[PDB]
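Residue numbers count from 1 along this sequence. Every heavy atom of this structure was used, including side-chain atoms; hydrogens, water molecules and symmetry mates were not. Counting starts at 1 for both ligands and their atoms, following the listed order. When the header is checked for method, it gives X-ray crystallography, 2.0 Å.
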Amino acid sequence: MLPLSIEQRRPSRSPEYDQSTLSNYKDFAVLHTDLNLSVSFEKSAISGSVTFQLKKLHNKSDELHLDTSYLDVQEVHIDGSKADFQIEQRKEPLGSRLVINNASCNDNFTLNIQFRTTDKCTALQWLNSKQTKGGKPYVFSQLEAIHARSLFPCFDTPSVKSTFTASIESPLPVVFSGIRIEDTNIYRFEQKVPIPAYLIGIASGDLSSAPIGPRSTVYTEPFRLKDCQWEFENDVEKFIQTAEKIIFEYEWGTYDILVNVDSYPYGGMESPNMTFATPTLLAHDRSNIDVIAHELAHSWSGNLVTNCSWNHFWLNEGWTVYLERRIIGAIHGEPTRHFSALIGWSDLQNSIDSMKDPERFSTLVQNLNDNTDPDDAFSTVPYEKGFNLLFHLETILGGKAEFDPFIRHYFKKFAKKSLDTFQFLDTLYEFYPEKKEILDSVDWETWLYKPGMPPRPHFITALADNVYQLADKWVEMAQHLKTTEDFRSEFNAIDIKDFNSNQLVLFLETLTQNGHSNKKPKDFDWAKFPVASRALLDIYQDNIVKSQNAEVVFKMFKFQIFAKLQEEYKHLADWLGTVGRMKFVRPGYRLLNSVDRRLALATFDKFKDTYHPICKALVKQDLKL
Ligand SMILES: CC(C)C[C@H](NC(=O)[C@@H](O)[C@H](N)Cc1ccccc1)C(=O)O
Ligand SMILES: [Cl-]
Ligand SMILES: [Cl-]
Ligand SMILES: [Cl-]
Ligand SMILES: [Cl-]
Ligand SMILES: [Zn+2]
């Protein structure tokens with residue numbers, strides 16, 4: 001019942017074809033996937049075999065085509081018998097197609113492929129005994145978006161979802177994105193809800209665990225175990241129950257968290273039954289846990305209901321950001337939800353302003369070919385433009401109460417399936433017959449296919465106003481007060497006593513933006529007011545300078561750089577050797593290079609090999625390499 005230009009862009013058949021896979025997934029049904037693996041720290045390889053139970057769907061070739069990337073494929077059997085196969089030469093950026101002749105007799109058949117990972121594997125990071133805080137080797141995966149094919153041969157598309165079983169042999173503890181079949185050096189798991197390959201998660205190392213709720217356990221290195229338990233144990237069950245009330249019962253069983261090694265490059269990864277989390281989430285006060293509301297919301301938007309291709313990634317991340325903000329809003333109130341959206345708005349702006357090819361990459365729905373790296377399309381746009389389209393819909397349809405019935409209908413309809421934007425729109429229209437005119441007033445063309453910032457909503461700015469006022473006040477007084485004594489008369493620790501970490505982050509951000517009002521048009525620099533910038537750090541030492549929150553600490557370093565306080569460059573350099581999260585590492589190196597390149601390249605050369613392959617790659621070229 002949707003509008004014409006949408007009708008016009010929609011394919012004749014949904015879900016829309018995924019151009020990022022070399023597999024012939026439309027030709028088969030994947031009924032079950034079993035992983036039988038062995039982890040070798042000695043060789044830094046995972047080897048073994050994957051077994052698929054498949055069903056031919058109906059001049060057939062007839063061939064199986066699977067995705068691989070830098071795998072060593074060793075043998076292939078169908079129904080117990082050796083099957084002819086050939087790997088095609090690599091084509092970037094999608095990899096090496098594996099081609100299998102299936103002379104199998106029946107429509108239903110079993111496919112077994114023996115393989116091992118290689119040194120060029122893009123799915124894993126390996127750490128040796130000397131690299132981990134705790135003294136033993138460690139490995140973990142990160143498969144999103146198309147790295148699963150570098151871990152095992154598969155139909156590597158989010159259109160394909162399958163139950164899994166897994167046996168993993170390792171000389172150290174293993175966690176997996178499934179429920180453990182309980183107790184050895186052989187870890188068995190089951191994932192009884194069908195999942196896409198990109199959600200598979202594995203880690204192995206010196207892991208211990210501790211309960212953080214009635215259905216939640218945290219896993220991490222022993223030295224950090226109790227800190228992690230304290231950080232999560234007061235809040236995780238509350239988050240789950242909050243999400244369940246907004247949507248419906250959580251059906252995955254356990255909700256566990258793996259707090260990864262310091263080289264971990266993302267904030268989190270929503271592997272089912274084992275969220276992967278950055279240790280920089282641990283602040284010792286519980287400031288950063290919304291990253292957990294985020295991964296938790298994925299249980300519904302992403303895991304249960306999945307985007308069919310990377311062109312429609314907004315369905316995953318936009319919904320998740322929307323749901324995440326509903327959780328925090330339900331717990332903390334609307335001003336908190338709106339504050340989070342306000343920070344997200346400025347993240348969106350920066351992302352689009354910093355963009356290479358904004359005309360292409362800032363549209364909500366993407367158009368990747370088979371020549372486009374799906375990475376190249378990941379930005380803040382699917383998150384925040386996605387969120388803003390949903391927030392707009394919430395509003396015009398009558399508010400949370402009117403929208404929540406749709407949310408439940410949507411996640412129920414597509415549970416365990418994959419979909420495209422067009423199917424999302426059909427569902428929206430089928431659900432609101434009485435509201436057809438309101439939905440037809442939505443400029444679907446601008447929201448879905450046009451580049452740039454969408455129309456700006458009217459967020460409640462209550463929790464940011466105090467922050468903006470102070471940053472403005474600091475910008476002004478920097479040009480008026482001279483001696484530190486002067487500053488202490490105007491400012492004191494009292495003025496940020498009520499600032500949470502998000503507010504501190506926004507404050508320090510606004511300062512490098514030199515205020516949130518054009519009183520001083522010129523982007524003058526803090527470098528020329530050392531007494532003020534030094535007084536800042538002094539007066540606010542308790543809450544900013546002494547903070548154990550990596551988010552605030554990072555901003556503190558950045559303010560220090562924007563103010564070119566040279567005596568602090570050393571602490572930035574060394575701190576950067578302590579974290580691996582891209583969000584801090586990449587910008588950190590950009591910051592340090594703009595004030596001391598001889599130190600930035602010296603620092604990188606020192607820590608380069610401690611970072612995740614991805615983070616090392618991007619920092620390498622950030623530093624002109
Ligand atoms: C949005 C933030 C709360 C956290 C953010 N993480 C996510 O959105 C995760 O759920 C994503 N799985 C991170 C991701 C997406 C696409 C490709 C690679 C990695 C991150 O930066 O890690
Ligand atoms: Cl229709
Ligand atoms: Cl239209
Ligand atoms: Cl085999
Ligand atoms: Cl209606
Ligand atoms: Zn996410």
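- At ligand 1, the PDB records name the drug as Bestatin.
- Among all chains, the one with more heavy-atom contacts to Bestatin (ligand 1) than any other is, according to UniProt, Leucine aminopeptidase 2.
- The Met269 neighbourhood of Bestatin (ligand 1) comprises atoms 12 (N), with distances under 4.0 Å to a heavy atom of that residue.
- At least one N or O atom of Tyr383 sits closer than 3.5 Å to an N or O atom of Bestatin (ligand 1).
- Contacts between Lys583 and Bestatin (ligand 1), counted as non-hydrogen atom pairs separated by less than 4.0 Å, are absent for every part of the residue.
- UniProt substrate-binding residues of chain A with a heavy atom under 4.0 Å from Bestatin (ligand 1): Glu144, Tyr266, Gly267, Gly268, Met269, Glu270.
- Contacts between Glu295 and Bestatin (ligand 1), counted as non-hydrogen atom pairs separated by less than 4.0 Å, involve the side chain only.
- At a 4.0 Å heavy-atom cut-off, Bestatin (ligand 1) touches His298 through the side chain alone.
- Distance cut-off 4.0 Å; other ligands and ions near Bestatin (ligand 1): ligand 6 (zinc ion).
- The shortest contact between atom 6 (N) of Bestatin (ligand 1) and any protein heavy atom is with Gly268 O, 3.7 Å.
- In this structure, the protein non-hydrogen atom closest to atom 10 (O) of Bestatin (ligand 1) is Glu270 OE1, 2.7 Å.
- The shortest contact between atom 20 (C) of Bestatin (ligand 1) and any protein heavy atom is with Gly267 N, 3.6 Å.
- Within the 4.0 angstrom cut-off, atom 18 (C) of Bestatin (ligand 1) has one or more protein heavy-atom neighbours.
- With a 4.0 Å heavy-atom cut-off, Bestatin (ligand 1) is reached by the side chain of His294 but not by its N, CA, C or O.
- Protein heavy atom closest to atom 14 (C) of Bestatin (ligand 1), with residue, atom name and distance, is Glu144 OE1, 3.9 Å.
- In chain A, Bestatin (ligand 1) lies within 4.0 Å of these UniProt Zn(2+)-binding residues, judged by heavy atoms: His294, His298, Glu317.
- Using a 4.0 Å heavy-atom cut-off, the binding site of Bestatin (ligand 1) is formed by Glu144, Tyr266, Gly267, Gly268, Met269, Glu270, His294, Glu295, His298, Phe313, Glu317, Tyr383.
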